[PDB]
Amino acid sequence: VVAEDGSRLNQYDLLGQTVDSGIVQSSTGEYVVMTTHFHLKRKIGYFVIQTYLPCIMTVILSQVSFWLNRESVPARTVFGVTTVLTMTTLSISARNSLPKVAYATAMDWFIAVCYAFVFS
Amino acid sequence: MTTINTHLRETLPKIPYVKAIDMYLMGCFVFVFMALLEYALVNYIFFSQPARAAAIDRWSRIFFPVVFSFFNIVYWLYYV
Amino acid sequence: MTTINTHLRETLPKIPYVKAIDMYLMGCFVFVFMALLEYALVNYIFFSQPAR
Amino acid sequence: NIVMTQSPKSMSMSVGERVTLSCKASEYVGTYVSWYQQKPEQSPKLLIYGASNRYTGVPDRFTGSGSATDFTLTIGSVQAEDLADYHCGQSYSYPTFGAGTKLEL
Amino acid sequence: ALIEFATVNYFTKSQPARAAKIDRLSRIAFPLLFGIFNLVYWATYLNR
Amino acid sequence: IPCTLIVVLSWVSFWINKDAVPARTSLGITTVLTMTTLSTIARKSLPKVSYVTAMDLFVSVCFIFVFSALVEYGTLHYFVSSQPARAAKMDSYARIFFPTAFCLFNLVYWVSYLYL
Ligand SMILES: CCOC(=O)c1cncn1[C@H](C)c1ccccc1
């Protein structure tokens, strides 16, 4: 059973429990193991406003550079280099949260595509 | 603005909803981004019309502080 | 480049020798500094002889 | 209410071949489906408790195969006395039994 | 270095001779002074 | 030390020629950015307190001085198009008014907060 107000999950969202019984075998004998799973579902609210919003805003700021005139080299260069620096800092910061896993998550794919757009 | 938001968020937990100071920072960043886009619009239509640029500048000079003060008062009224 | 380095070093401990990732960052920074020095050299001899 | 679709509704197999009955639940029932054998004019007798665990006194030809939702019961080399009704019933929630399979020859 | 550039720019377009002179002099005065300071620092701190 | 050195870094713009716009704008705005970062660090030193100390007062006065330098150059550039001699006199006026005001504020602040 779970208490009503019993949830300190800031980021996740508890869906429900799922109990099960099994029988494991160790080096000493054969034991009975009671398993209980809590199904969690992460909330995207924080990651949106902290990664997806700055990435999209940076991409838009970078694509603004096309509407400037072609006789203005310093402005467009500043646009490009600042957007690249921002994307780099964001790609470094956002990865810091997760444990050092050896595969590519979805947020990493989004960040990589936004970096490709700024570089383009 | 981005580094201010960064220095602030390092202390708060990872909460999914948007706080009040996050709403304020989003409003300020929208104002700054609209300032930059207004300059981009001026620089785009400056060669075609040299008076439209001065008109947009003279209008923005009195329009931006007004909207900023209005947003400030509405925010401080809704939260305080 | 220096931002990448400062972010990376705040994790690892105080370690004397030159790691492999530090060697990569030093090589990339040498290439960047060489590009900047190349531009400075071009801007020095631009007014005198643009062909070179 | 967790509904248990037990298949097939009626099947006939001769003596000496492996027979497989299936029982698929609706929701999750984790290794909590028992298999009973109800001969005519008799009360059901528990055959397979848990998911795959023979009750004390069950021959070695009845054996189960468990999962989260779908379960099977295999009788290798049925005899002449294995002809009865075979009911699967979950217990992860309030127990709801299956329609049963008539075994004929 | 920044102050020297500021002085050069302040004297530019009015006394360009002095500006070019102090720039060509600061192209030699800063690196030699930094080398001397490095030698002194490292020598007096590694001898101990 | 870093705050006052940032302030004199901002003052350096008062000697750069008034025609070079990007140089002076970059000076001002990057000085403001470094100033707010340093204020963040200084306030992060001690815990969260709801009153005004003597250090954040100093960093806020420095921030105000850099803001004043930037807006001063802005008004200078705007007045150059209208009347150049006005801005020409404004430059040399600021060259004397800024360091004097900073030195007066430093003297008053240090005297008031040391002999207290
Ligand atoms: C259109 C709104 O823009 C932004 O929110 C935005 C994009 N880059 C930065 N920001 C601001 C600083 C921000 C980010 C996250 C939370 C609060 C405020």
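Naming convention: chains lettered A, B, ... in sequence-line order (proteins, then strands); numbering from 1 in each chain. Order of appearance sets the numbers: ligands from 1, and atoms from 1 within every ligand. Only a part of the entry is shown; contacts are counted within it.
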Name in the PDB entry of main chain bound to ligand 1: Gamma-aminobutyric acid receptor subunit beta-2
Help me out: which of ibandronic acid, dexmethylphenidate, etomidate, sulfamethoxazole goes with ligand 1? etomidate
Can you list the other chains with a non-hydrogen atom under 4.0 Å from etomidate (ligand 1)? A, B
What name appears alongside chain A in the PDB? Gamma-aminobutyric acid receptor subunit alpha-1
I need the residues around etomidate (ligand 1) for a figure - heavy-atom cut-off 4.0 Å, please. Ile49(A), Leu53(A), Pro54(A), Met57(A), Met1(B), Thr2(B), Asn5(B), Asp22(B), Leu25(B), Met26(B), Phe29(B), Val30(B)
